[PDB]
Student: 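Entry of interest: Uncharacterized protein complexed with cefalotin.
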Amino acid sequence: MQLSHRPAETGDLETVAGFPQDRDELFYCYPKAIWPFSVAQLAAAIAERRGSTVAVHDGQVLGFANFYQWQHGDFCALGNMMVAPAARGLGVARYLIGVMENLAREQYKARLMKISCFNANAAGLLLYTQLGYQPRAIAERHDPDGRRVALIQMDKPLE
Ligand SMILES: CC(=O)OCC1=C(C(=O)O)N2C(=O)[C@@H](NC(=O)Cc3cccs3)[C@H]2SC1
């Protein structure tokens, strides 16, 4: 992958909003969203968040992420991590996580990145582990069906 990145733009929203393929994928990346996902839901997140970034390869937006929490000199928390269904497992998430780590360090002076990952998302848990994130706590949350899920709260120092 020759990958690049830039801030998210209005024109990207329809593409990015197409990434979650089912209600599980949507919950894992945006638990407050309601299925079906929409550009309006995506735009609302962007508005209340920081750092919304896309990853681009060969003219295609393949990934998106942002911060749902940010505390200058302290940390950021990565949110809305979405990857195009045709580009899963190819390094887009790894790439964007690296981008977001740099952004947290440089723009927020963060010492730590937090990532919270739902228990059912094994692929996320494994990736973040491979990227040097360590599990710190488990919180109870509830899915759209009112079922109890475990949110695994991980972090990583940035340097
Ligand atoms: C890496 C990634 O994509 O994380 C998605 C996520 C988000 C998100 O929306 O970006 N999060 C938030 O905004 C947090 N939300 C909660 O802990 C509240 C919840 C209520 C019901 C279930 S979780 C975390 S819960 C995890």
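Along the sequence shown, the residues carry numbers beginning at 1. Note that ligands are numbered from 1 as they come in the structure, with each ligand's atoms numbered from 1 the same way.
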Student: I'm trying to map the binding site of cefalotin - which residues have a heavy atom under 4.0 Å from it?
Tutor: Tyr28, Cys29, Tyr30, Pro31, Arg49, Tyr68, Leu78, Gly79, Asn80, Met81, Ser116, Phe118, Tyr128, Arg141, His142, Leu151
Student: So if I count the atoms of cefalotin from 1 in the order they appear, which ones are less than 4.0 Å from some heavy atom of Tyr128?
Tutor: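 Close to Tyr128: 1 (C).
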Student: Looking at the deposited structure, what residue and atom does the covalent bond from cefalotin join?
Tutor: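 The model places no covalent bond.
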Student: Could you say whether the N/O atoms of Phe118 and cefalotin ever approach to under 3.5 Å?
Tutor: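 Between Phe118 and cefalotin, no N or O pair is found under 3.5 Å apart.
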Student: Report yes if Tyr30 has an N/O atom closer than 3.5 Å to an N/O atom of cefalotin; otherwise report no.
Tutor: no
Student: Any atoms of cefalotin less than 4.0 Å from a non-hydrogen atom of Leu78? List them with their elements.
Tutor: 1 (C)
Student: Output yes when the distance from some N or O of cefalotin to some N or O of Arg49 is under 3.5 Å, and no in every other case.
Tutor: yes
